[PDB]
Undergrad: 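Structure: Prostaglandin reductase 1 in complex with methotrexate.
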2 protein chains.
Amino acid sequence: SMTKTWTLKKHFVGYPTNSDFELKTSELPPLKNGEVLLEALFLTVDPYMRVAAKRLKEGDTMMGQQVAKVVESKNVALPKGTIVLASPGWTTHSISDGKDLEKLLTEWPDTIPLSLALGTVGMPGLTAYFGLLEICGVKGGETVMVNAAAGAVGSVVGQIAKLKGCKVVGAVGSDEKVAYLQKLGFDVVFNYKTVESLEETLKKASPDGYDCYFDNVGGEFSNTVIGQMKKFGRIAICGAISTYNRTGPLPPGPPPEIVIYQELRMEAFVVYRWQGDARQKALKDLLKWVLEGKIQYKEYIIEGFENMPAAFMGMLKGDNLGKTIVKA
Amino acid sequence: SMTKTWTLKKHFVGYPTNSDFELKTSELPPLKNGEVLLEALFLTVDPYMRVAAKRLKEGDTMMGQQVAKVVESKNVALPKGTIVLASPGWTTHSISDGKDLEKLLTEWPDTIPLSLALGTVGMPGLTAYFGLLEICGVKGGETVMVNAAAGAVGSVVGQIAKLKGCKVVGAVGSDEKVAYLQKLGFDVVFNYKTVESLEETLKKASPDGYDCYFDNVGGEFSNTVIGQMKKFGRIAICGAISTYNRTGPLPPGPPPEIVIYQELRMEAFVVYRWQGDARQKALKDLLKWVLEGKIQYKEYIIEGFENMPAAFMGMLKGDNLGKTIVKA
Ligand SMILES: CN(Cc1cnc2nc(N)nc(N)c2n1)c1ccc(C(=O)N[C@@H](CCC(=O)O)C(=O)O)cc1
Ligand SMILES: CN(Cc1cnc2nc(N)nc(N)c2n1)c1ccc(C(=O)N[C@@H](CCC(=O)O)C(=O)O)cc1
Ligand SMILES: [Cl-]
Ligand SMILES: [Cl-]
Ligand SMILES: [Cl-]
Ligand SMILES: [Cl-]
Ligand SMILES: [Cl-]
Ligand SMILES: [Cl-]
Ligand SMILES: [Cl-]
Ligand SMILES: [Cl-]
Ligand SMILES: [Cl-]
Ligand SMILES: [Cl-]
Ligand SMILES: [Cl-]
């Protein structure tokens, strides 16, 4: 069985470029007993891959998750036709012994795109769920600041916060994204590229400050928000996408006098802290909320495996409205 | 009755120098009913004063706490001879209505210097107690990193950590402070000014990394420690003394990739979060541990109120062995 694979040709320097990637074709070996052949249906690209790539050797396959189908099987538990979540990296076909696969929720209806299993009802949505509910620890009535708010993580954060009775202020990177989050029920949404002053916009959005900060961006954006956190405010550090492609030193941290006298609690997290049973319960909640209309979503589906680098680079730049997914 | 007062003549640039301070002599107003006249016995100088000074107007009294004796009284609860903690600033004599004064522990013995009420068995010791036990949440068997470790905060952090069954690594600025903390039972103590590599020294001190970081210093030192924190490691942000006297650009924040991958919890605190009740129980614990020999101490007593600016500057620069105190 042939396969195509995207490899890291050269470690990224700044933003990735086309030349940093190399497509290779190879033939996979026959299956051994207990193994399955997986055909990728949908492949995700996500900001963490800009960081995780630094641990690869040049020539290695780019890491990542996909929704795949078993197209040949010598595994009793995994017959032909089985849909799984797998992480063989950026490849069209792969062989698995089954150990590391995750199966689709049995509740998964044929009325919603399978690509959502990589987004809203997948690891980004779970990142939003646990970051907001357990790290921010919202109980209701808080004012929550969320950046990269039209991303797959941030848009779930804001919609769950509304369900919990919070006020939500969201920062986005385009005018279309403003309308999107307006439609989704955010209390305040602004385009951070076009406001005159981030400081003044955040102050008008919540004159008495912010209880919780769900931080995907980092850098100077976060320095500005930290200056508007209430005493004992909570920051959930999910990502720092404004920094991952840096070529020079990081910006200065926030003035320590602010952090100390406001007695801020800042905790970083990764979704895999929560184990399988907790993630399954949360995925079922996310799916129920989607089917009830309480969580809406947008996807940016790009056709063609050959476009996966372009998908990744466009996503890193914020060029796309909705979760970026490649359809094989 | 006359008083001498140290005022801020010029806002500090970098570290203070002598010409930034001005000593003034004035006559205090007569005592009204319910008031007491307080004579300073011991006055403390502490790093937070360097930051708090930025908010003063030129001519204002420098802020700070002292142990004082009631020498004239119209307040039945505070007869002449009563010893109190008071915060009138850097002044030899002051008037109080009594409302914010604190008597010492009832069981305070005459075998313990009164000046310890400004150190090990006072606000520095309480900062150490709550920061380590509640913000870091040590439970036993952890490895603790503490910097500015020979101050009253740091020395109490290390000795409480030892009595809880932790390993403690301390960073100090002089060889004499290395010997002091070695005698106090710190597992590893190093002079950060003379090591070839802070990264390598911290690695040798704890090859598997740090569970808890009690941080008084901040800046680049803390960025290095953050790269050696264990997964779910906890940072108690008490101070950032490396930034208080630092000219020029502020230091970069820590690499977000490390903070997020290690899922660190970083919380700032001030001792005033804990109300007078819980502070009293902690103070009793500290006194009992001093009397049992589980917490030892060293003070650097400078004679003469006229030497208080010099005491402050030497303390800021790390040049004094033991908590710096001025004896009036
Ligand atoms: C899979 N996962 C959890 C997660 C987080 N950090 C990791 N870091 C590493 N090194 N390795 C991992 N596997 C990893 N996984 C995810 C995936 C995507 C997003 C995320 O932020 N995605 C963007 C995608 C933006 C877009 O598609 O436009 C978003 O805003 O939702 C977060 C967590
Ligand atoms: C009173 N207190 C709490 C505290 C903290 N920050 C504040 N900040 C401000 N602006 N105002 C306050 N009153 C204040 N109080 C204290 C006092 C001293 C130390 C302290 O760290 N002292 C040094 C003294 C160092 C030395 O003498 O060498 C130490 O390391 O023990 C900490 C907290
Ligand atoms: Cl190119
Ligand atoms: Cl390499
Ligand atoms: Cl997987
Ligand atoms: Cl966005
Ligand atoms: Cl819930
Ligand atoms: Cl300065
Ligand atoms: Cl130090
Ligand atoms: Cl020290
Ligand atoms: Cl000594
Ligand atoms: Cl991880
Ligand atoms: Cl205890």
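Below, chain A is the first sequence line, B the second, and so on; all start at residue 1. The analysis underlying the following values was restricted to heavy atoms, covering all of them including side chains, and did not include hydrogens, waters or symmetry mates. Order of appearance sets the numbers: ligands from 1, and atoms from 1 within every ligand.
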Undergrad: Where exactly can methotrexate be seen in this structure?
TA: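 Including duplicates, the model places it at ligands 1 and 2.
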Undergrad: By chain letter, what other chains have any heavy atom closer than 4.0 Å to methotrexate (ligand 1)?
TA: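 Other chains, by heavy atom: A.
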Undergrad: Give the residue list for methotrexate (ligand 1), heavy-atom cut-off 4.0 Å.
TA: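 With non-hydrogen atoms counted, the site is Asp46(A), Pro47(A), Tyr48(A), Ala52(A), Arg55(A), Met123(A), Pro124(A), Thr127(A), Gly151(A), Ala152(A), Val153(A), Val271(A), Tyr272(A), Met315(A), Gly322(A), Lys323(A), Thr324(A).
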Undergrad: With heavy atoms of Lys323(A) as the reference, note each atom of methotrexate (ligand 1) found under 4.0 Å away.
TA: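 Within the 4.0 Å cut-off of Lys323(A), methotrexate (ligand 1) contributes 24 (C), 27 (O).
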Undergrad: Could you tell me, atom by atom, which parts of methotrexate (ligand 1) come under 4.0 Å of a heavy atom of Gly322(A)?
TA: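 Those atoms are 28 (O).
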Undergrad: Which UniProt NADP(+)-binding residues in chain A are reached by methotrexate (ligand 1), meaning they have a heavy atom under 4.0 Å away?
TA: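 Checking heavy atoms, the UniProt NADP(+) residues near methotrexate (ligand 1) are: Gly151(A), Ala152(A), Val153(A), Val271(A).
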Undergrad: For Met123(A), take its heavy atoms, then give the atoms of methotrexate (ligand 1) lying under 4.0 Å from any of them.
TA: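 Once the distances to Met123(A) are compared, the set is 1 (C), 2 (N).
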Undergrad: Which of the numbered atoms in methotrexate (ligand 1) are below 4.0 angstrom from a heavy atom of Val271(A)?
TA: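 Answer, ordered by atom number: 3 (C).
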Undergrad: With heavy atoms of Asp46(A) as the reference, note each atom of methotrexate (ligand 1) found under 4.0 Å away.
TA: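 Per the distance check, 17 (C), 18 (C), 22 (N), 24 (C).
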Undergrad: With nothing but distance in play, are any N or O atoms of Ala152(A) less than 3.5 Å from an N or O of methotrexate (ligand 1)?
TA: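 N/O-N/O distance below 3.5 Å exists for this pair.
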Undergrad: Find the other ligands and ions that have an atom under 4.0 Å from methotrexate (ligand 1).
TA: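 Under 4.0 Å from methotrexate (ligand 1), there are no others.
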